[PDB]
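Record below includes ENMD-2076.
Heads up, chain A uses the PDB entry numbers, so what you see runs 208-379, 396-419, 426-492. When a ligand or atom number is given, it counts from 1 through the structure's own listing order. Per the header: X-ray crystallography, 2.0 Å.
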Amino acid sequence: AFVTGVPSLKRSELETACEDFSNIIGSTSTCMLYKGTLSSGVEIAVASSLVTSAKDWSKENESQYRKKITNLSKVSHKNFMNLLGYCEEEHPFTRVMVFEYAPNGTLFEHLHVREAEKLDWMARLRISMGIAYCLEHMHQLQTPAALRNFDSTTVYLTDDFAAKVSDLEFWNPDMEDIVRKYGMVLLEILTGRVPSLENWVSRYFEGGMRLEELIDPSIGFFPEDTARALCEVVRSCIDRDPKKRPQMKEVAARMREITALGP
Ligand SMILES: Cc1cc(Nc2cc(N3CCN(C)CC3)nc(/C=C/c3ccccc3)n2)n[nH]1
């Protein structure tokens, strides 16, 4: 065991759950993702290193592995994609982390890829609020390392479209940097726009854009003054000077106020 709290799986266990690793959700810089189901019926996303022998794997690699598990085992939040387990094995070489499975995939997909169906206003506020609570909690745990890769492709959506912020990448940022990224992700949620943006939105901030220009047209109707308040949160978060940015606890506080949604 490398940690208290998080169970250490036999590879035999995980082979069962993931049908001999036969079902792939995705693939990233540092890991392959396999779909599984535990004998408890709990759906899982298994993140496996891209290293297949002890040779391609350093003691630096190993040290990073155990640090990540340590750090993530300390993070537990309803709006985080929580670590459920891990599996280290030498025969054959296995370095795995087991995460919660989010059936509605990424925020990015639901904002930009699905043409037929769009997230409504209230679902967008709920997602925005959830993200903010997650980041606030992480800043309280002093583990922003888990957020070095934060953007709409790393935020997942549950059955009921709650946000789960993820940290899937094997470990080979300021909280001020995370606050700005939160600003940009909130802006993306509001507008439906993604960096192929600051210049575009500066026109809104300059006073030369109506909210019906800024807000994602797929939304339909929306409360103007709510939208206004959310855009000020964006403006605060993305200030060019990191020192002028709100703390995440202040962001979460203001967001709670505007959305009227508790943690
Ligand atoms: C880590 C994790 C992912 C996850 N859920 C899901 C669900 C999902 N869906 C839902 C149903 N699918 C039929 C379509 C899209 N897609 C993904 C994609 C993951 C990925 C990540 C990086 C690169 C490439 C791909 N993750 N839960 N936990």
Just wondering - which macromolecule does ENMD-2076 hug the most here, in the naming of the PDB entry? drought responsive inactive kinase 1
Which residues from the surrounding chains have any heavy atom less than 4.0 Å away from ENMD-2076? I232, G233, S234, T235, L240, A252, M288, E307, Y308, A309, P310, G312, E316, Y363, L375
By number and element, which atoms of ENMD-2076 are closer than 4.0 Å to a non-hydrogen atom of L240? 21 (C)
Tell me the organism the entry assigns to chain A. Zea mays
Any idea which atoms of ENMD-2076 are less than 4.0 Å away from a heavy-atom of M288? 1 (C), 2 (C), 27 (N), 28 (N)
Element-labelled atoms of ENMD-2076 that are located less than 4.0 Å from some non-hydrogen atom of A252: 1 (C), 2 (C), 27 (N), 28 (N)
Contacting atoms of ENMD-2076, where contact means under 4.0 angstrom from a heavy atom of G233: 20 (C), 24 (C), 25 (C)
With respect to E307, determine whether any N or O atom, backbone or side chain, lies less than 3.5 Å from an N or O atom of ENMD-2076. yes
With atoms numbered from 1 as shown, which atoms in ENMD-2076 lie under 4.0 angstrom from a non-hydrogen atom of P310? 10 (C), 11 (C)
Close-contact set for ENMD-2076 against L375 heavy atoms, below 4.0 Å: 1 (C)
Does an N or O from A309, backbone or side chain, lie closer than 3.5 Å to an N or O of ENMD-2076? yes
